Enquirer: 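This entry shows raloxifene within the model.
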Amino acid sequence: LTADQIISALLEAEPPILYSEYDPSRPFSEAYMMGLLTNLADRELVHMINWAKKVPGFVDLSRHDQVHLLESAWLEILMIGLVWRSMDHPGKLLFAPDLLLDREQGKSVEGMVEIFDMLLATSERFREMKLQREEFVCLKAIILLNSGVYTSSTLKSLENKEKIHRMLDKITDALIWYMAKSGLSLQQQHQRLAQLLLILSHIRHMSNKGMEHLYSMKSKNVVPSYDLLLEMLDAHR
Amino acid sequence: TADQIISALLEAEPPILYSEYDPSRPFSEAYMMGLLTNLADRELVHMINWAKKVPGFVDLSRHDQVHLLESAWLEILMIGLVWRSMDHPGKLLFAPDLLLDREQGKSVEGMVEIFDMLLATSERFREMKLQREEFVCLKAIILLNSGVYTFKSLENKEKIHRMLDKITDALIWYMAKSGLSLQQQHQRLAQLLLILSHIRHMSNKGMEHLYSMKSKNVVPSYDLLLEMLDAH
Ligand SMILES: O=C(c1ccc(OCCN2CCCCC2)cc1)c1c(-c2ccc(O)cc2)sc2cc(O)ccc12
Ligand SMILES: O=C(c1ccc(OCCN2CCCCC2)cc1)c1c(-c2ccc(O)cc2)sc2cc(O)ccc12
Ligand SMILES: [Cl-]
Ligand SMILES: [Cl-]
Ligand SMILES: [Cl-]
């Protein structure tokens, strides 16, 4: 696929924006807020699997590798979507069209304000850089494919590792091509590519801190089970 | 210029320290962790000297310098370890007198996971034939980027961004001087910056492993780093 075909496929695969089912009449307790966020994330996961299967090349990886990438990336992907939705809302996190939250609301849950501040800082960075939808979808696909923890290896794992490397190179090419099509100088192209890929290190950090936080709130039932992900991947929706 | 950035970073490389490993002592976990702790402690002093040689870093306020060092110090130690280890497949070269394999990492509770990640990162660097010029650029990028999204202030942030961009320019310049095509330049740049996200992951998991370990002086406290910045 040429660079435009990759971007076109990713744009067409964008998931829908879901609502939190927020009810203004309910007391807005910590448990109520976290319950809304939990059910929202759970409903977003199904759409994330559908999106992943449309990432060029993803379904040509082994089903094991598909699951493993989703297991590693799912919170990063939720977070970058949040940051994108919040770009045009300084100081706010737009979890859903009916759930806009600020720092002060995060303070009510121990450990949440620190992560809110990191998410807000990323949204500010995206706003300042005027991140384009074409760049966002490339970054989200890179997150999915780069998520696997470094690792005992078999011919199958090496085969999929090389495929993932080739896919990442093509998305890099597409990100650069979009910038060139948009008129950026060669010097601006490498600087902006570097700045955008460096933000992915911050999103990784936020995901790690977020996982720590979820485990301190819920003992178990925090990560999607392997069987759950495989079930959703195999569905012929 | 780009050549001046690369030459400056090469000249700023810290010395390779020894662990003081004594083969005659019983290699208890306490003895090993002690060697690694004191080694890291001694490396930190040289990391401060090096940081002040990263172009632009001296022009930042003490508060900003401390914040960046606070966020980056373990990643910087780890990328150094990975670099020293890429001539030793299957081993981590903490120091020339302390070369450890995966088995020796099992002695520490919860360390084999981090060990394997570091080993795999060293293999990645070996496969890519990472050059010293690229390595020093990556270390400088880690220093200027790890803490920039956790911070007048708006101008200070943009100032650090410009400092980063000058290192990116130098890293691409080196690749262009080495003969890579434009496509290979952008591909290799992306490959290296994506490895940095994994080194960030390793640092985060190492931090969780150090705090949970109850280790003494897990992090260089703010006041500690603040005082070391005034040594020179
Ligand atoms: O609040 C959440 C969140 C809540 C519950 C989650 O997991 C619920 C458990 N569920 C188990 C089955 C598999 C899917 C996860 C995940 C994110 C979100 C985030 C978060 C923010 C700060 C913080 O300290 C921790 C998390 S970021 C985010 C983006 C979304 O699109 C949805 C929820 C969220
Ligand atoms: O063993 C260590 C290590 C041990 C103690 C440390 O903290 C020491 C105390 N702290 C140091 C900074 C000043 C404040 C005191 C840091 C690294 C090293 C690493 C490590 C690996 C896996 C893991 O799970 C945790 C750490 S990586 C590394 C590279 C080095 O050059 C030296 C030590 C190391
Ligand atoms: Cl020494
Ligand atoms: Cl010394
Ligand atoms: Cl090269």
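Residue numbering restarts at 1 for every chain, and letters A, B, ... go by the order of the sequence lines. For ligands, and for the atoms within them, numbers begin at 1 and follow the listed sequence. These numbers come from the heavy atoms of this one structure, side chains and all, not from hydrogens, waters or symmetry mates.
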Enquirer: Can you tell me where to find raloxifene in the structure, every copy?
Expert: ligands 1 and 2
Enquirer: By the name used in the PDB entry, which chain has the largest number of heavy-atom pairs within 4.5 Å of raloxifene (ligand 1)?
Expert: Estrogen receptor
Enquirer: At a 4.0 Å heavy-atom threshold, what other chains are in contact with raloxifene (ligand 1)?
Expert: A
Enquirer: What residues end up in the site of raloxifene (ligand 1) at 4.0 Å, going by heavy-atom distances?
Expert: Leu37(A), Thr38(A), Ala41(A), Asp42(A), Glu44(A), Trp74(A), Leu78(A), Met79(A), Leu82(A), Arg85(A), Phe95(A), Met112(A), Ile115(A), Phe116(A), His213(A), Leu214(A), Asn221(A), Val222(A), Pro224(A)
Enquirer: Any atoms of raloxifene (ligand 1) less than 4.0 Å from a non-hydrogen atom of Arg85(A)? List them with their elements.
Expert: 31 (O)
Enquirer: Run the numbers for me: atoms of raloxifene (ligand 1), each under 4.0 Å from some heavy atom of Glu44(A), listed by number.
Expert: 30 (C), 31 (O), 32 (C)
Enquirer: Among all protein heavy atoms, pick out the one at the shortest distance from atom 34 (C) of raloxifene (ligand 1); state its residue, atom name and that distance to 0.1 Å.
Expert: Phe95(A) CE2, 3.8 Å
Enquirer: Report the nearest protein non-hydrogen atom to atom 29 (C) of raloxifene (ligand 1): residue, atom name, distance rounded to 0.1 Å.
Expert: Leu78(A) O, 3.6 Å
Enquirer: Write out the residue and atom name of the closest protein heavy atom to atom 20 (C) of raloxifene (ligand 1), then the distance separating them to 0.1 Å.
Expert: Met79(A) CE, 4.5 Å
Enquirer: How far is atom 22 (C) of raloxifene (ligand 1) from its nearest protein heavy atom, and which residue and atom is that?
Expert: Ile115(A) CG2, 3.6 Å
Enquirer: Should you measure from each heavy atom of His213(A), which atoms of raloxifene (ligand 1) turn up under 4.0 Å away?
Expert: 23 (C), 24 (O), 25 (C)
Enquirer: OK, so UniProt lists some 17beta-estradiol-binding residues in chain A. Which of them have a heavy atom under 4.0 Å from raloxifene (ligand 1)?
Expert: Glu44(A), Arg85(A), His213(A)
Enquirer: Looking at raloxifene (ligand 1), does any of its N/O atoms fall within less than 3.5 Å of an N/O of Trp74(A)?
Expert: no
Enquirer: Looking at residues of chain A within contact distance of raloxifene (ligand 1), which UniProt domain do most of them fall in?
Expert: NR LBD
Enquirer: How far is atom 12 (C) of raloxifene (ligand 1) from the closest protein heavy atom, and which atom is that?
Expert: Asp42(A) OD1, 3.5 Å
Enquirer: Of all the non-hydrogen atoms in the protein, which one sits nearest to atom 17 (C) of raloxifene (ligand 1), and at what distance?
Expert: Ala41(A) CB, 4.0 Å
Enquirer: What's sitting near raloxifene (ligand 1)? I mean other ligands or ions under 4.0 Å from that drug.
Expert: none
Enquirer: Just distances here: any N/O of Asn221(A) and N/O of raloxifene (ligand 1) closer than 3.5 Å?
Expert: no
Enquirer: Pick out the protein N or O atoms lying less than 3.5 Å from any N or O of raloxifene (ligand 1), and list each pair with its distance.
Expert:
unit_1, atom_1, unit_2, atom_2, d
raloxifene (ligand 1), 10 (N), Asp42(A), OD1, 2.6
raloxifene (ligand 1), 24 (O), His213(A), ND1, 2.8
raloxifene (ligand 1), 31 (O), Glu44(A), OE1, 2.4
raloxifene (ligand 1), 31 (O), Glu44(A), OE2, 3.3
raloxifene (ligand 1), 31 (O), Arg85(A), NH2, 3.2

